[PDB]
Structures are given as structure tokens and as C-alpha cells.
Amino acid sequence: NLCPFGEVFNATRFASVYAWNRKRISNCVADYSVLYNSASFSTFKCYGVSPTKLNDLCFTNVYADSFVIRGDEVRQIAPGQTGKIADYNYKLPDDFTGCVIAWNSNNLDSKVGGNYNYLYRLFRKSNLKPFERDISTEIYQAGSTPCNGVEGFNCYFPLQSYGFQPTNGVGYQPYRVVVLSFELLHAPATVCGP
Amino acid sequence: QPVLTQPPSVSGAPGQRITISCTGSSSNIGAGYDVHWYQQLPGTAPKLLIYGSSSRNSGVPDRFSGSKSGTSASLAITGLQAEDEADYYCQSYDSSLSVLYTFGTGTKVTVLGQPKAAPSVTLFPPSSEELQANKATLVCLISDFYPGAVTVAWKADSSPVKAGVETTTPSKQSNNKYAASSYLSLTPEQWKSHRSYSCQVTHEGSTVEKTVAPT
Amino acid sequence: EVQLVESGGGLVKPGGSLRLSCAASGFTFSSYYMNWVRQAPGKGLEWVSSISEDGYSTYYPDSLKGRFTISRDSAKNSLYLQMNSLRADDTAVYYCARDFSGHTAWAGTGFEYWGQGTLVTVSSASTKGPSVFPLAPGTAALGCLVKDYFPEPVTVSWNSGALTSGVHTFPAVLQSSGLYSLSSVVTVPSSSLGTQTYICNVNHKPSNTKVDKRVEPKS
Ligand SMILES: *[C@@H]1O[C@H](CO)[C@@H](O)[C@H](O)[C@H]1NC(C)=O
């Protein structure tokens, strides 16, 4: 009854950050030593808990959120951070408890001529609330006049493509990010460690 | 800090094709990163010449071309011209956050065929304000010579002078010739006590000399 | 259109700190990576630092040991490099550079545009303003000598930059006292000496000195 963290990290395809994928973990035992001992991760930052004792704790609800972002934007997946990705695509609460894991995926998500299948939200009316997902593709009115469904003067499409090319710098190369959120409620803690 | 190795200098006649090699490792060029070539004229900042390992920057003639294969890259110049004399640097990228931008060693490109030119020598005695400041300096300016290899000697009347001589190494002129200078520092007493002072420049076994007097 | 101008170079003591600035114009400043590279006198090029478009990610080589910091300011479209615990080996000409566009295939890989560069000289010696003297004489040679200054560099123009033909500025020499000296000459028609005045302008930025010298034919 091992927790299926394998199909999250080892998944062939990842989702866009604006449409970040979420997997629910329940009724299993999780061996976190497989994760924090593997040096295949560029960033591994845990808030409210360190990974070493994660094998001795039990939680009620675990969420694994997978997406792909820019390298120089991995710093934005953290509590109390501001920026395009944090404010408009994926927000973390200031009281976040859990881990953020990110690794370079240039060999998998980049292609010659540009990979444009990954999108991110550029504009929004208000900052994103934590863990809230917005997949609306309506025209963003940037001020005085409305848009009527067309772009142009102060009227832009909310989503923009990333354009991942393999010869780009580490700051432009794609990175795959998994956010493990641990939640303790007045509900039975179904996940545990060995 | 790793670098990319290039030949120290490459020369050729102004009708032939020359190549500059740029050897990298599996971490920079063999890792899938392209190579950029920069050209630095003497006394100026480097300029982007080639990007993408094959593409020419705006304003770059078709005589320049680039290529890369395996862990190496090459820059080819066809139809050498006198204006090509410069430093050429290759540059690539490393995924490791401790290295990133990796630069080449640098290659000095020179053209052969310009005729040997006798050096033009100008001699300047101490300026009246300098003697008013209780100092004396003799200035010798050498310009427009090829090859850039001259020897400077200073004569007081007819005897050699060794103390107080400061001479600069030959340097490239924008017209592809060479220039240099020499300075003789002395008190006004030595300047006045002698009838004449001579600056002599030897170049390819031929000497050109100038003379000045305190009169 | 693209213009990068560096400033702040000069003399700094060993173990001291300096701040180099680079003003950028002609392009959307907040859309490109910025870089600092350096070149020792007569040596090769060495990348020094890199900063992203948003300015929140900084990159340095391990050789610098984190005593260099790169920053950017979109309110002035300027790039700043702070150097700390400086040493003699850091004496070099420093260039600020703009990277390739994020749309291109080589974003954050090269240096598309370069600046004029500024000389940083780490020395225990003292900055000293130069002394300008004239050198007076068919054509005749007319010049002025800039003596006893430290550190490099110094620029020389003629007639406030109006005269460009026949000008020749020579590389400086290092005397035993530790002070530099160079000369600037120009060959001109002999008759024009009797009708036109000749002024040599000397600019020594490290000591913030500007000297205009009248060179007149004596006797
Ligand atoms: C992914 O697969 C490799 C080998 O197939 C395995 O070692 C690794 O543990 C897997 N990932 C996870 C999160 O289990």
C-alpha cells in the first residue's frame, strides 16, 4: 500500500502552471526517504517541517501539485512571494506547511524551434488566493474601454506561451515543480511513514 | 574556471582562407549549447560577430562563417583583408550554475604582405614651462613602421645614455602599422650642459635618428 | 540605437569596495538579461556576473567567492556592480552587456551588445592629476605631453574634438616613480600655424581633471 508518488514525479507529461495538476494522496504509507535522498532535484525546500522526520508523521490530506515553469521563476513558488507566477498562476499561503521540489527538464520539455504548449497567465484583475486555480480565457480589460471579445488597445489575451528552446540559458529552461501540501484536520490521518 | 582553448594567433595572406578552432568539453559545447564569436579591434570593446554557432550578426560580411561539431567549433574567414586584424573570442554556456558563460582563450589574427616601412621619428625638447617647473623631459615619437619591432637609443652629444629612459612597446595603429614612444627624464642642468641630444631608432638594420639642441 | 555607457571606474585600495554603473538606452530594459564581464590589460575575457530581467535572480562564477553583487534598477534603466574585498588581480576593463532576447533561441547565453567599458585599477598608490606641457615645432608636428598621472586612463582631444585629421595619441609609459606619461601629436600645414590657434584638451576621469593647453610655436 505504498503511496503513488512515482506516477506524479515520473509522469511523462506535465501540466501548465495556470492549469496546474493536483493529485490527492490518501490511505497509503509514504517513504519520503526515496525523495529527499535522491539528488535529482535542483531545489528541495520544505516549510514548517524538514523531510528527515517526514517518515515519522501522519497527515490527513496530502496534495501533490505538478506543473512546469521557468527556472528563474522557481523562486516564486514559496510562501510570501510576489510575481507573475505567484500572483496569477499558483499561490502559496503564508502559513504553508509542506515541501516544494523542482528539477530541470530541458531534455524533456524543450525542443528545437520552441515548445509553445506550456502557457502562463499574464494579467488578472486581482491577486490569486492560495491554492485557487483559474482557467478562464476571457479578454482582460486593461482600463478605460471594454474589449467586446477582441484584443488591441488595452485589451490583451490573458495567457502567454513560454517558448522553451534547448539552447537557452538555465534561467529560461523549463523546470518541473511538485508541491507537496500536508494538511491536518479533524479527519483520520490516512497517510503515514514507515 | 574552465575555458575554451583556441590557437594563440593565426596569420595568412590577404587572399586566402583561415580558420580559428575553439575546443570545448562535454559540459559546454557537447551539452547542446551554441557558440558565439566576438571580434575586438585594438583599443575598442568587443563586438558580437557570430551567434548561434553559424549565424552572422547584422553588418557582418559573408566572408565570416561559423560551424560546430561534437565538442568543438570553428570560425572561418575567406578572403582575408587588412581590416580583419583583431582578437577573436569564442564563447559557450555551461548548465552548471558555478560556470555558466564560458569564454574562449582568444586568437590574434594578422595579415601578411604589407611592405616594410621605415619609421617616422619626431623629437621634442623640454618645454619652457617644464624648465620653469625644474624638470626636463625629451620626447621621441615613432610612427608608421612595419614590423612592430624597433630599438631605441639615446645619445648625449656622442655618448650613450642609459639612465632615465622609458620606452613603450610597439602597438598596432588603426592603419595596420605600428607606433611607439620613448622618454628621457633629466634635470635642466644636464640639458643645458650638453650641445645636443639624439634619439636613434634601429629597425631592420636601418637607423633613423633625430637631434635637438638647447639653443 | 542601443547604447550602454559605463561609469565609476578608477582607483581603489586593496580590500576596498567599488560600485560600477551602466546606463542603458534604445531598448526595453526590463526585457533582457544583463551581464558584467571583465578583461585584464592584455588578457582574455572573463564573465563576471549575470542578472535576470526581473532582477530577482543573480548568477556568479565560483571563482569570485561571492564578493561581487549585481543589481538592476528599472526606475533609471541602470545596472550596478558592487565589488568588495578587491585585490590587484581585479584590475581590469569592465563591460556591461545586454543578453539576447527571450524570444530568440540563445536567451541568456551570450552578449549581443557591449559598452565602452571602464578601467578599474586596484592599487595601494595615490590618485594624482596630470601635468600638461606643450611641444611646439611643408608640415609641422604640434603636440602636448601629459605627465605624472595615476592611474590610467586619460583621453586627449584637439580643438574640443574639431580636429581629427593627422592626430596620433600614443600609449602611455610607466616611469620608475610609478606615474604614467603619454603624448599626443598632430601634423599640420606650416602656414596654418600663423593663423589658427591649437588647443589640446586632456581628460583624466579618475582624478576628475580637465586641462586645456595652448600649444604655440616658439621663436
Ligand atoms: C521513478 O522511477 C525510478 C526508476 O524507475 C525510481 O527509482 C524512482 O523512485 C521513481 N520515482 C518515485 C517518486 O518513486
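Here is how names work: the chains are called A, B, and so on, in the same order as the sequence lines, proteins then strands, and each is numbered from 1. This deposition comes from X-ray crystallography, 2.8 Å. All values below come from the heavy atoms of this structure, side chains included, with hydrogens, waters and symmetry mates left out.
In this structure, the drug found at chains B and C is ADG20. Here, the chain sharing the greatest number of close atom pairs with ADG20 is referred to in UniProt as Spike protein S1.
Taking 4.5 Å as the heavy-atom limit, the residues of chain A that form the epitope of ADG20 are A:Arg70, A:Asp72, A:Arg75, A:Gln165, A:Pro166, A:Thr167, A:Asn168, A:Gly169, A:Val170, A:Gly171, A:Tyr172, A:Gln173. Within 4.5 Å of chain A, heavy atom to heavy atom, lie these residues of ADG20: B:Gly32, B:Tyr33, B:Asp34, B:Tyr93, B:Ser95, B:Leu97, B:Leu100, C:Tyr33, C:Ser52, C:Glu53, C:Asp54, C:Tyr56, C:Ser57, C:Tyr59, C:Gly102, C:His103, C:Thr104, C:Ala105, C:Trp106, C:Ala107, C:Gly108, C:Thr109. Most residues around ADG20 in chain A come from the UniProt domain BetaCoV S1-CTD. Under the naming in the PDB entry, the designation for chain B is ADG20 light chain.
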